Protein chains: 2
Amino acid sequence: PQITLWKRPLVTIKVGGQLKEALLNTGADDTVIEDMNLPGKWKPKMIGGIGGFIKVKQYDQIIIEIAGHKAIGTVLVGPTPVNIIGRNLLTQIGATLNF
Amino acid sequence: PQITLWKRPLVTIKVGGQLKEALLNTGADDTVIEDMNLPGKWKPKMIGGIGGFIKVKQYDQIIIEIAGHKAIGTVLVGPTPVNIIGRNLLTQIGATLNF
Ligand SMILES: CC(C)CN(C[C@@H](O)[C@H](Cc1ccccc1)NC(=O)O[C@H]1CO[C@H]2OCC[C@H]21)S(=O)(=O)c1ccc(N)cc1
């Protein structure tokens with residue numbers, strides 16, 4: 001697909017057996033998903049952007065499907081205002097920026 | 001060009017006549033640049049990011065060149081951690097996401 005940027009580039013994802021809406025985000029390497037009760041080991045992390053930092057849980061090797069494309073990698077879970085798919089998983093689904 | 005996402009999609013911009021580095025950011029509605037002297041009238045505004053809200057100076061109708069492509073639009077100036085080119089200008093240079 002080609003996604004123009006008039007509107008937020010939102011897609012459906014599947015993670016932890018749940019469907020969610022998420023924003024395709026070239027602005028960070030990591031993926032951040034809103035609080036959800038994912039099973040297994042995690043490590044505390046703090047990530048910072050406009051407005052400051054939030055505390056998240058870093059989960060590794062999380063299976064996540066993005067607009068019908070399978071991926072697996074690190075997923076940060078925490079009180080982000082918007083689910084954001086970062087460059088790490090964008091590369092796995094073959095996403096590029098074009099102009 | 002076509003830009004893959006293994007690395008941060010950083011480009012050189014020119015704004016207020018000065019060269020700077022900035023991040024092409026599909027996860028940003030708006031363009032936010034670190035504090036700088038910029039010619040033009042501005043209006044006080046607030047914007048929210050992952051960590052909360054900040055005050056910015058809103059400059060409308062600003063000439064800005066992005067990786068050699070011309071845009072004229074709204075540039076927010078304030079305490080962002082990274083210069084970011086958001087969708088308001090990415091659309092002007094005809095950027096799309098593709099996978
Ligand atoms: C500021 C960037 C360098 C980094 N961010 C990604 C960025 O794309 C966020 C992604 C984002 C998107 C929506 C809400 C919160 C965060 N967008 C953002 O802050 O944009 C702001 C400018 O335009 C406005 O439109 C959206 C918010 C405003 S970030 O969300 O803060 C972030 C920071 C660190 C990590 N590890 C992961 C993500």
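Lettering follows sequence order; numbering is per chain, from 1. Just so you know, ligand 1 is whichever comes first in the structure, and atom 1 is the first atom listed for that ligand. Looking at the header, which is where the method is noted, we find X-ray crystallography, 1.6 Å. Hydrogens, waters and symmetry mates play no part in the numbers below; they use all other heavy atoms, side chains included.
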K.L.:
Okay, next thing: the drug at ligand 1, what is it?
P.N.:
darunavir
K.L.:
Can you peek at the structure and tell me the main thing darunavir is bound to, named as in the PDB entry?
P.N.:
Protease PR5-DRV
K.L.:
State which other chains have a heavy atom under 4.0 Å from an atom of darunavir.
P.N.:
A, B
K.L.:
Out of all atoms in darunavir, which are within 4.0 Å of some heavy atom of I84(A)? Include the element for each.
P.N.:
30 (O)
K.L.:
Show me which atoms of darunavir lie under 4.0 Å from any heavy atom of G49(A).
P.N.:
31 (O)
K.L.:
Considering the heavy atoms of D30(B), write down every atom of darunavir situated less than 4.0 Å from one of them.
P.N.:
22 (C), 23 (O), 24 (C)
K.L.:
Is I50(B) close to darunavir, meaning an N/O of one under 3.5 Å from an N/O of the other?
P.N.:
no
K.L.:
Nearest protein heavy-atom contact for atom 4 (C) of darunavir: which residue, which atom, what distance?
P.N.:
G27(A) O, 3.5 Å
K.L.:
Quick test: of every protein heavy atom, which one is nearest to atom 38 (C) of darunavir, and how far off is it to 0.1 Å?
P.N.:
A28(A) CB, 3.5 Å
K.L.:
Can you tell me the protein heavy atom closest to atom 35 (C) of darunavir and the distance?
P.N.:
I47(A) CB, 3.8 Å
K.L.:
Tell me: protein heavy atom nearest atom 13 (C) of darunavir, and distance?
P.N.:
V82(A) CG2, 3.8 Å
K.L.:
Which organism does the PDB entry give as the source of chain B?
P.N.:
Human immunodeficiency virus 1
K.L.:
Looking only at protein heavy atoms, which one is nearest to atom 28 (C) of darunavir, and how far off is it?
P.N.:
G48(B) O, 3.2 Å
K.L.:
Return the closest protein heavy atom for atom 6 (C) of darunavir as residue, atom name and distance.
P.N.:
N25(A) ND2, 3.5 Å
